[PDB]
Q: 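Please read through the structure below; I'll follow up with questions.
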Amino acid sequence: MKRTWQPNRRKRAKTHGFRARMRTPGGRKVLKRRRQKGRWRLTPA
Amino acid sequence: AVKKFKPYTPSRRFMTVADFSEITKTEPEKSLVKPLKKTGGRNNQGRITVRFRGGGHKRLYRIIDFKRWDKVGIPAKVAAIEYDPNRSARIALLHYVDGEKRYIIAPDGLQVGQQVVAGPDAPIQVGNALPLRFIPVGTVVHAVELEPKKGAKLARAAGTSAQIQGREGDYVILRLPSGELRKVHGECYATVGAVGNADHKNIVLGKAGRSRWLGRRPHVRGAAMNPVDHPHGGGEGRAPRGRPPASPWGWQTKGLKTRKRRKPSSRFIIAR
RNA sequence: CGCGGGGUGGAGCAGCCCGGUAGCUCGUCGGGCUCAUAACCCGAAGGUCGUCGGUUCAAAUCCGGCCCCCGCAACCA
RNA sequence: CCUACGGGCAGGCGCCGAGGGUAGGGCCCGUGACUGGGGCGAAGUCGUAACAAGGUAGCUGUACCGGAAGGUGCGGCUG
RNA sequence: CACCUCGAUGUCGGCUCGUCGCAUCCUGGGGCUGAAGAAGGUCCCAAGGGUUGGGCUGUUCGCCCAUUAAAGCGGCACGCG
RNA sequence: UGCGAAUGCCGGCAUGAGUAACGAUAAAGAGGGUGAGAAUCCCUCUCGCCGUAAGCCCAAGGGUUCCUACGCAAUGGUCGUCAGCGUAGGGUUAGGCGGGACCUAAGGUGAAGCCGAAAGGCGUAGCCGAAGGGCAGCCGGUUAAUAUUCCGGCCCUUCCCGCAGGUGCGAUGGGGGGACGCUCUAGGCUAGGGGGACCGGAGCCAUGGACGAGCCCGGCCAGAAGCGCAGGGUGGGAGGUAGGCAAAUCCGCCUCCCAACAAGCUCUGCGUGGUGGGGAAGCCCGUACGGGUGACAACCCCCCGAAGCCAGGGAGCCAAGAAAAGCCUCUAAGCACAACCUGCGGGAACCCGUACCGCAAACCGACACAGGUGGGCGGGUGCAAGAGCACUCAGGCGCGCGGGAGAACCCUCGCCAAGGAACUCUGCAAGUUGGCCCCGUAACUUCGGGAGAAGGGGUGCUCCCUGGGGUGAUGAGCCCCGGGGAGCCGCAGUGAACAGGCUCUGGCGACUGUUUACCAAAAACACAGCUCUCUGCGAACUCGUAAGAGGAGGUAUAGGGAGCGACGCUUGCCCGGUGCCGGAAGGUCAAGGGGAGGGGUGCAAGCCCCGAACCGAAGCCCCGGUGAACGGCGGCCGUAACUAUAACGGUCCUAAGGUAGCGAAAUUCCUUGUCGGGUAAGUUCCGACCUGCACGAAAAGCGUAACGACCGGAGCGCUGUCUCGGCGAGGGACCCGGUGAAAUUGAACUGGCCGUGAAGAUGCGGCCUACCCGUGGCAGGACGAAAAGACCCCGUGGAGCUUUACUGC
RNA sequence: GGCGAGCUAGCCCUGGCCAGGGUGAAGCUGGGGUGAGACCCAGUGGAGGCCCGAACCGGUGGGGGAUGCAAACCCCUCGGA
RNA sequence: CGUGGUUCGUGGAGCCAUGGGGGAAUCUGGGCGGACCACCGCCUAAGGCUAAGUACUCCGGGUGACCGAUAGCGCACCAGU
Ligand SMILES: NC[C@@H]1O[C@H](O[C@H]2[C@@H](O)[C@H](O[C@@H]3[C@@H](O)[C@H](N)C[C@H](N)[C@H]3O[C@H]3O[C@H](CO)[C@@H](O)[C@H](O)[C@H]3N)O[C@@H]2CO)[C@H](N)[C@@H](O)[C@@H]1O
Ligand SMILES: [Mg+2]
Ligand SMILES: [Mg+2]
Ligand SMILES: [Mg+2]
Ligand SMILES: [Mg+2]
Ligand SMILES: [Mg+2]
Ligand SMILES: [Mg+2]
Ligand SMILES: [Mg+2]
Ligand SMILES: [Mg+2]
Ligand SMILES: [Mg+2]
Ligand SMILES: [Mg+2]
Ligand SMILES: [Mg+2]
Ligand SMILES: [Mg+2]
Ligand SMILES: [Mg+2]
Ligand SMILES: [Mg+2]
Ligand SMILES: [Mg+2]
Ligand SMILES: [Mg+2]
Ligand SMILES: [Mg+2]
Ligand SMILES: [Mg+2]
Ligand SMILES: [Mg+2]
Ligand SMILES: [Mg+2]
Ligand SMILES: [Mg+2]
Ligand SMILES: [Mg+2]
Ligand SMILES: [Mg+2]
Ligand SMILES: [Mg+2]
Ligand SMILES: [Mg+2]
Ligand SMILES: [Mg+2]
Ligand SMILES: [Mg+2]
Ligand SMILES: [Mg+2]
Ligand SMILES: [Mg+2]
Ligand SMILES: [Mg+2]
Ligand SMILES: [Mg+2]
Ligand SMILES: [Mg+2]
Ligand SMILES: [Mg+2]
Ligand SMILES: [Mg+2]
Ligand SMILES: [Mg+2]
Ligand SMILES: [Mg+2]
Ligand SMILES: [Mg+2]
Ligand SMILES: [Mg+2]
Ligand SMILES: [Mg+2]
Ligand SMILES: [Mg+2]
Ligand SMILES: [Mg+2]
Ligand SMILES: [Mg+2]
Ligand SMILES: [Mg+2]
Ligand SMILES: [Mg+2]
Ligand SMILES: [Mg+2]
Ligand SMILES: [Mg+2]
Ligand SMILES: [Mg+2]
Ligand SMILES: [Mg+2]
Ligand SMILES: [Mg+2]
Ligand SMILES: [Mg+2]
Ligand SMILES: [Mg+2]
Ligand SMILES: [Mg+2]
Ligand SMILES: [Mg+2]
Ligand SMILES: [Mg+2]
Ligand SMILES: [Mg+2]
Ligand SMILES: [Mg+2]
Ligand SMILES: [Mg+2]
Ligand SMILES: [Mg+2]
Ligand SMILES: [Mg+2]
Ligand SMILES: [Mg+2]
Ligand SMILES: [Mg+2]
Ligand SMILES: [Mg+2]
Ligand SMILES: [Mg+2]
Ligand SMILES: [Mg+2]
Ligand SMILES: [Mg+2]
Ligand SMILES: [Mg+2]
Ligand SMILES: [Mg+2]
Ligand SMILES: [Mg+2]
Ligand SMILES: [Mg+2]
Ligand SMILES: [Mg+2]
Ligand SMILES: [Mg+2]
Ligand SMILES: [Mg+2]
Ligand SMILES: [Mg+2]
Ligand SMILES: [Mg+2]
Ligand SMILES: [Mg+2]
Ligand SMILES: [Mg+2]
Ligand SMILES: [Mg+2]
Ligand SMILES: [Mg+2]
Ligand SMILES: [Mg+2]
Ligand SMILES: [Mg+2]
Ligand SMILES: [Mg+2]
Ligand SMILES: [Mg+2]
Ligand SMILES: [Mg+2]
Ligand SMILES: [Mg+2]
Ligand SMILES: [Mg+2]
Ligand SMILES: [Mg+2]
Ligand SMILES: [Mg+2]
Ligand SMILES: [Mg+2]
Ligand SMILES: [Mg+2]
Ligand SMILES: [Mg+2]
Ligand SMILES: [Mg+2]
Ligand SMILES: [Mg+2]
Ligand SMILES: [Mg+2]
Ligand SMILES: [Mg+2]
Ligand SMILES: [Mg+2]
Ligand SMILES: [Mg+2]
Ligand SMILES: [Mg+2]
Ligand SMILES: [Mg+2]
Ligand SMILES: [Mg+2]
Ligand SMILES: [Mg+2]
Ligand SMILES: [Mg+2]
Ligand SMILES: [Mg+2]
Ligand SMILES: [Mg+2]
Ligand SMILES: [Mg+2]
Ligand SMILES: [Mg+2]
Ligand SMILES: [Mg+2]
Ligand SMILES: [Mg+2]
Ligand SMILES: [Mg+2]
Ligand SMILES: [Mg+2]
Ligand SMILES: [Mg+2]
Ligand SMILES: [Mg+2]
Ligand SMILES: [Mg+2]
Ligand SMILES: [Mg+2]
Ligand SMILES: [Mg+2]
Ligand SMILES: [Mg+2]
Ligand SMILES: [Mg+2]
Ligand SMILES: [Mg+2]
Ligand SMILES: [Mg+2]
Ligand SMILES: [Mg+2]
Ligand SMILES: [Mg+2]
Ligand SMILES: [Mg+2]
Ligand SMILES: [Mg+2]
Ligand SMILES: [Mg+2]
Ligand SMILES: [Mg+2]
Ligand SMILES: [Mg+2]
Ligand SMILES: [Mg+2]
Ligand SMILES: [Mg+2]
Ligand SMILES: [Mg+2]
Ligand SMILES: [Mg+2]
Ligand SMILES: [Mg+2]
Ligand SMILES: [Mg+2]
Ligand SMILES: [Mg+2]
Ligand SMILES: [Mg+2]
Ligand SMILES: [Mg+2]
Ligand SMILES: [Mg+2]
Ligand SMILES: [Mg+2]
Ligand SMILES: [Mg+2]
Ligand SMILES: [Mg+2]
Ligand SMILES: [Mg+2]
Ligand SMILES: [Mg+2]
Ligand SMILES: [Mg+2]
Ligand SMILES: [Mg+2]
Ligand SMILES: [Mg+2]
Ligand SMILES: [Mg+2]
Ligand SMILES: [Mg+2]
Ligand SMILES: [Mg+2]
Ligand SMILES: [Mg+2]
Ligand SMILES: [Mg+2]
Ligand SMILES: [Mg+2]
Ligand SMILES: [Mg+2]
Ligand SMILES: [Mg+2]
Ligand SMILES: [Mg+2]
Ligand SMILES: [Mg+2]
Ligand SMILES: [Mg+2]
Ligand SMILES: [Mg+2]
């Protein structure tokens with residue numbers, strides 16, 4: 001029955017995307033973090 | 001003067017609708033002078049700040065005219081009386097000789113045909129806006145201004161009036177629909193007559209649904225909540241208030257007065 | 001079994017707290033007014049205070065046991 | 001089968017049909033825990049409404065109230 | 001009373017399947033009788049086997065209806081999830 | 001720095017075990033081929049299953065899964081030569097299809113501006129934002145794999161430039177327009193489908209008959225201009241003009257004059273059309289798919305016909321139904337050797353997607369998971385209709401372990417003599433009933449209902465006669481609705497499939513609705529409606545530190561809070577306490593004002609400190625009001641000419657002592673109260689009494705038609721629920737081949753009884769019994785498994801909740 | 001201090017969907033009716049949180065499932081439509 | 001008056017800072033030495049700049065009674081995979 005993943009490409013980028021992580025200071029930090037740990041991916045694809 | 005239905009379905013039984021005879025040919029409520037897209041929206045920026053709202057028919061705002069002094073001395077003929085869904089009252093469409101068209105909140109009386117005028121001049125007959133200092137004592141008048149040039153704000157709901165009981169200083173004394181006794185400035189534009197479509201008080205929605213068409217969602221009694229969400233929520237099978245009855249936010253809701261006292265406007269009031 | 005209150009002329013209640021006075025209304029008895037009754041007025045009578053103890057100089061009153069009356073509780077299971 | 005056969009009788013099917021069954025109505029009678037008023041029955045209880053301004057003139061339609069008669073409001077009549 | 005069990009011993013009633021005891025409800029054998037016969041009373045032996053169908057209530061129990069030779073009382077983690 | 005325990009951590013390997021399972025009971029069988037190997041790959045034939053799908057096209061999502069060659073270690077629940085798997089190579093073509101060099105929507109962002117300790121929050125215009133608006137391609141063929149994309153045919157839009165002809169041209173600005181709901185719905189058409197005796201077509205005559213107006217197959221598709229057909233759109237001229245934030249010659253408005261019609265003009269739809277292309281059965285080829293022929297195919301009449309199109313059509317209704325651009329008109333700067341408009345001609349026309357899966361083995365569910373997933377198409381026949389049901393077309397499937405066997409037992413099914421709720425907590429379950437037409441139908445009622453009440457009859461086929469409609473002509477055909485009559489057959493004609501059991505009577509809730517996603521669907525919530533209360537509008541109220549916003553572009557016939565809950569009849573008494581409301585007096589009271597009076601130090605001037613009276617708010621006190629505000633609404637004793645009983649009285653208390661109505665109740669402890677009813681029997685049910693442990697009037701009181709997957713009682717019908725079981729079917733269980741888990745597990749060589757033992761012993765004691773080891777079965781025991789008991793206590797453990805607990809904000 | 005409304009709840013903008021049958025409100029027309037009316041009766045008409053019933057939305061009772069096909073499923077039955 | 005800082009938690013509570021209120025002087029002026037006064041002294045507020053000694057280790061070197069693949073950084077290995 002309707003599970004919790006209902007992937008939709010526009011929402012995923014609108015929500016977790018790069019351009020979005022960067023307006024909220026709280027997320028510019030998510031990037032700062034992810035970059036420091038050396039995540040090969042700063043954001044979802 | 002209000003339509004009744006045989007009970008061919010429960011709710012149709014007691015249900016009762018408006019009379020739309022005053023409505024001179026209408027439907028297409030004329031674009032130009034209104035409509036204007038209306039923003040149905042039940043909360044402010046984010047959060048619900050008036051409870052139990054939303055849903056209900058889509059709506060087109062009729063941009064109605066509340067300052068009437070805008071067109072002193074220019075008369076106008078009255079072309080339509082039509083259904084406005086954003087007020088208890090019905091609205092008169094009036095063609096000016098100026099060429100200009102706008103809407104007015106339709107007084108009890110205006111037949112489709114009258115010339116209507118506004119200004120210190122102007123004959124005292126239903127539909128004509130004057131300043132208040134020039135309207136003769138004892139006249140019922142409506143769509144009143146509270147301070148000169150600020151727009152009509154008093155007595156504009158179907159059937160509401162306001163008698164002018166006296167004059168004193170640059171001010172006149174009205175009885176507003178609330179029974180209150182208020183001094184209003186003399187220069188404030190009022191417009192002679194009562195508001196009309198006055199049976200509106202007597203409609204009976206009839207079923208739950210009708211209350212939603214109207215845009216009002218179900219309203220749940222504190223009584224029926226838990227104590228987390230309302231100062232009346234608990235017991236174990238219906239337990240009296242058990243305190244002086246209260247609103248979700250805590251303040252007492254039976255009797256406790258609310259008007260800010262220091263208000264400047266106090267020095268211009270006198271009743272209930 | 002638990003807790004609290006109570007028992008006072010015939011009825012219903014004070015007095016018990018703070019030791020030493022027994023009081024109120026009704027009723028009962030005698031006498032008036034009335035043709036008569038009632039109402040009304042004038043007079044009087046009647047209690048050992050549930051009981052056994054104990055304290056005190058002295059106990060309705062302070063203490064304890066027993067006898068009754070009424071009320072409250074008896075929950076997790 | 002009989003004949004005096006292009007016949008009759010037996011026999012067969014059919015309509016109607018007393019009544020039997022199933023179903024649901026109507027009307028009347030009897031009866032029933034209990035309950036409502038009513039009549040009647042020498043000397044039971046409570047008050048005093050009415051009859052004499054009945055000691056608050058009476059009566060009256062209505063309405064509310066009250067152990068009970070009754071009282072009260074509104075209007076009416078005069079008996 | 002608080003002894004094993006709170007790093008779990010699932011609690012009433014029914015149903016199913018029983019098994020045991022005897023302080024015997026019936027049937028078998030008896031003594032005594034205020035036992036004429038018939039039918040009973042009371043006590044003794046006896047556990048082979050039997051010990052009904054319904055109404056009410058979740059009930060066990062009990063009341064009741066119709067019968068019956070009788071419509072037994074208990075134990076088994078108030079036998080048995 | 002030494003391990004055996006920490007339900008320790010990490011890893012390895014065991015037990016259960018060749019055990020359960022191998023994922024829908026739509027179903028398989030044989031021949032042939034390939035290969036080391038074949039139930040599992042290919043092919044043929046036969047069988048079965050989907051067909052409002054289990055077929056087909058689109059959108060999401062997915063991301064090489066597409067196509068071909070080669071291959072099988074692993075993935076595939078078996079096998080595997082096969083594959084969505086491995087390796088490699090190929091494959092996605094657009095001015096017109098979708099999106100972008102267009103528009104705006106909620107919302108976002110945001111010059112100006114506002115606010116906030118910083119971070120930041122708001123915000124006019126603007127900008128961004130789409131499945132909405134705007135916008136030009138239809139059809140056939142070709143590829144192993146793409147196609148409205150390549151090709152072919154016919155058709156079209158925009159930009160640039162030029163030539164002609166026309167005009168005051170010109171816009172981010174003005175106006176028109178775009179531009180709009182729901183239900184019903186006219187006409188004409190189209191998609192779609194059926195029939196034909198007509199036109200085309202390979203063949204076919206079996207098995208008793210048929211060479212026949214036989215059978216079987218097919219009889220269209222796209223298409224400019226013109227033209228028909230249907231429908232939408234719309235008045236024309238003149239003057240005045242102060243409104244549409246400049247200006248208009250435009251629009252608005254006033255007068256007047258002409259048509260009032262679609263006449264005219266315009267637009268779309270359908271038809272026809274040049275041209276283009278398709279084109280079955282069957283037979284042959286060879287598939288792993290398709291190709292040849294049929295053929296020079298034919299290509300036509302009739303009927304049924306949308307929910308689609310003409311479209312902005314029409315009527316009714318109340319809840320009263322986006323924006324902006326494209327478009328057109330108007331003008332302003334500006335320019336008018338410009339520019340625009342029209343026609344023609346040349347040229348120019350960019351970016352992204354396009355494979356494939358897409359109700360699923362390619363998406364969301366760890367899985368090739370019986371679950372979930374939006375739009376469109378969805379044929380035929382019958383059944384009254386229909387997207388229902390049965391069968392079926394096209395198309396797609398037999399669900400990736402099999403073979404046998406024919407036990408118990410389990411699941412899903414069918415049937416049962418007599419009985420018929422006797423079962424049980426309860427008719428749970430299952431049965432009965434069941435579509436359509438006709439007859440018929442009660443109490444009660446708010447007059448609509450109750451109603452499918454109830455209870456009944458009819459239902460197939462054949463022949464004869466016969467009425468009306470649509471289409472054609474008024475006719476035949478064809479399609480539709482019937483009416484009457486004589487017959488035939490079976491156990492039975494809605495002959496299969498989909499298709500209510502019913503009545504009586506209480507409780508609660510008026511009603512449709514809503515709810516604890518995943519143990520509660522309810523008598524709970526909501527609900528129209530009633531009442532109280534607040535709020536005069538920069539409203540109250542809510543969110544926010546603010547700005548601001550919601551309320552509301554509302555205004556007391558409105559908005560907030562609270563209770564009650566359709567409707568009928570009603571809703572009593574207490575304001576002493578608490579709440580709120582009112583009260584210009586008085587009492588108290590903080591800072592502050594005020595300083596009489598005192599003190600510290602100085603030689604002194606001074607400097608500095610304490611401080612009475614008195615003037616100083618709200619709050620509280622105090623005075624009053626208020627009950628659809630929180631709330632409350634008595635005790636003893638006596639009394640009548642049998643007796644009981646008490647209308648009457650006495651007395652104590654109170655703020656006042658419960659009115660109407662109701663009452664063993666969703667409330668009654670005693671209690672299975674008592675009486676009546678129902679039953680052979682009634683702790684329940686119904687009626688009644690009142691002794692109300694502990695009913696009672698907006699946490700409403702008492703009723704109420706209708707309504708209910710609520711809950712209680714009773715009856716009829718019918719039954720495997722039962723007396724009481726039996727038989728039968730299929731899927732498992734069993735055996736054989738292939739693959740092969742799990743909780744659990746100190747170690748085991750793991751018996752009964754009677755004892756004992758930490759009080760319930762395979763493990764101690766005595767006695768008894770007992771050859772070793774499996775398999776199918778049953779669940780009494782291993783205080784069997786699971787979960788560090790949820791109950792209970794304990795911890796100066798936690799957390800949600802409350803208030804006249806404390807203390808704060 | 002940050003991350004979440006791609007599940008779920010509410011609201012906002014914009015689209016879409018609901019076979020087929022039944023019942024027959026107003027209004028309208030006609031007839032009766034009256035001084036005029038109310039009203040009556042036909043026909044027409046097509047209203048409704050109206051009825052039956054698929055899609056679709058549900059989740060009533062029961063059975064099965066319970067190391068499942070499934071960390072909520074399956075079958076029969078049932079509610080709205 | 002309200003608070004912060006200092007060892008200072010209103011304490012006899014100064015000093016330094018300052019949200020609010022009132023509000024000077026310029027050497028004979030001002031601040032300070034722990035309520036306040038005197039005396040005796042210290043120091044020049046309301047403007048500013050200033051190397052070094054000091055902190056740290058992404059990074060480079062050198063050492064080790066530091067680890068030796070369950071250790072040692074999570075990663076000795078194409079791991080923030
Ligand atoms: N029969 C009279 C009717 O009913 C009522 O009358 C009845 C009663 O009111 C009346 O009762 C009366 C009473 O009022 C009066 N004040 C006392 C008197 N003793 C009683 O009377 C009764 O008493 C005894 C019993 O002991 C009987 O034997 C006697 O017959 C009977 N009348 O007795 C009547 C019936 O017996 C009304 N009074 C009257 O309005 C009406 O007309
Ligand atoms: Mg869904
Ligand atoms: Mg994921
Ligand atoms: Mg997941
Ligand atoms: Mg999207
Ligand atoms: Mg890298
Ligand atoms: Mg409510
Ligand atoms: Mg609750
Ligand atoms: Mg919360
Ligand atoms: Mg909250
Ligand atoms: Mg609270
Ligand atoms: Mg409460
Ligand atoms: Mg309660
Ligand atoms: Mg006494
Ligand atoms: Mg006396
Ligand atoms: Mg005397
Ligand atoms: Mg004594
Ligand atoms: Mg408790
Ligand atoms: Mg009587
Ligand atoms: Mg009198
Ligand atoms: Mg008298
Ligand atoms: Mg009198
Ligand atoms: Mg009277
Ligand atoms: Mg009395
Ligand atoms: Mg009078
Ligand atoms: Mg113990
Ligand atoms: Mg002990
Ligand atoms: Mg254990
Ligand atoms: Mg014996
Ligand atoms: Mg029973
Ligand atoms: Mg036994
Ligand atoms: Mg016991
Ligand atoms: Mg037991
Ligand atoms: Mg070890
Ligand atoms: Mg050890
Ligand atoms: Mg070890
Ligand atoms: Mg390994
Ligand atoms: Mg085994
Ligand atoms: Mg087995
Ligand atoms: Mg097996
Ligand atoms: Mg399978
Ligand atoms: Mg396909
Ligand atoms: Mg791949
Ligand atoms: Mg191959
Ligand atoms: Mg392999
Ligand atoms: Mg394999
Ligand atoms: Mg598998
Ligand atoms: Mg492939
Ligand atoms: Mg491959
Ligand atoms: Mg496409
Ligand atoms: Mg460009
Ligand atoms: Mg834009
Ligand atoms: Mg912002
Ligand atoms: Mg854009
Ligand atoms: Mg579009
Ligand atoms: Mg396009
Ligand atoms: Mg093609
Ligand atoms: Mg393809
Ligand atoms: Mg022009
Ligand atoms: Mg066609
Ligand atoms: Mg056709
Ligand atoms: Mg030929
Ligand atoms: Mg032959
Ligand atoms: Mg021939
Ligand atoms: Mg055809
Ligand atoms: Mg004109
Ligand atoms: Mg055409
Ligand atoms: Mg054409
Ligand atoms: Mg051709
Ligand atoms: Mg094939
Ligand atoms: Mg229209
Ligand atoms: Mg724009
Ligand atoms: Mg142009
Ligand atoms: Mg493609
Ligand atoms: Mg494709
Ligand atoms: Mg496909
Ligand atoms: Mg689909
Ligand atoms: Mg697939
Ligand atoms: Mg498919
Ligand atoms: Mg999957
Ligand atoms: Mg599979
Ligand atoms: Mg699946
Ligand atoms: Mg049918
Ligand atoms: Mg079907
Ligand atoms: Mg089939
Ligand atoms: Mg096929
Ligand atoms: Mg039978
Ligand atoms: Mg039979
Ligand atoms: Mg029967
Ligand atoms: Mg029974
Ligand atoms: Mg029984
Ligand atoms: Mg049933
Ligand atoms: Mg059935
Ligand atoms: Mg009924
Ligand atoms: Mg037929
Ligand atoms: Mg036949
Ligand atoms: Mg014809
Ligand atoms: Mg039915
Ligand atoms: Mg139904
Ligand atoms: Mg309900
Ligand atoms: Mg739900
Ligand atoms: Mg639930
Ligand atoms: Mg505002
Ligand atoms: Mg607004
Ligand atoms: Mg309520
Ligand atoms: Mg009351
Ligand atoms: Mg009070
Ligand atoms: Mg008071
Ligand atoms: Mg009070
Ligand atoms: Mg007598
Ligand atoms: Mg009670
Ligand atoms: Mg009886
Ligand atoms: Mg019960
Ligand atoms: Mg009471
Ligand atoms: Mg109550
Ligand atoms: Mg109340
Ligand atoms: Mg109620
Ligand atoms: Mg009731
Ligand atoms: Mg319902
Ligand atoms: Mg229900
Ligand atoms: Mg059976
Ligand atoms: Mg053995
Ligand atoms: Mg033992
Ligand atoms: Mg030993
Ligand atoms: Mg032993
Ligand atoms: Mg065994
Ligand atoms: Mg066992
Ligand atoms: Mg077993
Ligand atoms: Mg255990
Ligand atoms: Mg524990
Ligand atoms: Mg604590
Ligand atoms: Mg959401
Ligand atoms: Mg559909
Ligand atoms: Mg409905
Ligand atoms: Mg219904
Ligand atoms: Mg269910
Ligand atoms: Mg449920
Ligand atoms: Mg279930
Ligand atoms: Mg179940
Ligand atoms: Mg059904
Ligand atoms: Mg259904
Ligand atoms: Mg339905
Ligand atoms: Mg301190
Ligand atoms: Mg300062
Ligand atoms: Mg100095
Ligand atoms: Mg110093
Ligand atoms: Mg000093
Ligand atoms: Mg110094
Ligand atoms: Mg300086
Ligand atoms: Mg520096
Ligand atoms: Mg280093
Ligand atoms: Mg290693
Ligand atoms: Mg390591
Ligand atoms: Mg490092
Ligand atoms: Mg590691
Ligand atoms: Mg690496």
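Chain letters run A, B, ... following the sequence lines, proteins first, then strands; residues in each count from 1. Just so you know, these numbers use all the heavy atoms, side chains as well, and skip hydrogens, waters and symmetry mates. Only a part of the entry is shown; contacts are counted within it. As the structure lists them, so they are numbered: ligands from 1, and atoms in each ligand from 1.
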Q: Tell me the name of the drug molecule at ligand 1.
A: paromomycin
Q: Name, as the PDB entry does, the macromolecule that paromomycin (ligand 1) contacts most in this entry.
A: 16S ribosomal RNA
Q: Help me out: which other chains have heavy atoms closer than 4.0 Å to paromomycin (ligand 1)?
A: D
Q: Listing by number and name, what other ligands and ions are under 4.0 Å from paromomycin (ligand 1)?
A: ligand 110 (magnesium ion)
Q: What are the neighbouring residues of paromomycin (ligand 1) within 4.0 Å, counting only heavy atoms?
A: D:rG39, D:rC40, D:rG41, D:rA42, D:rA43, D:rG44, D:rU45, D:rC46
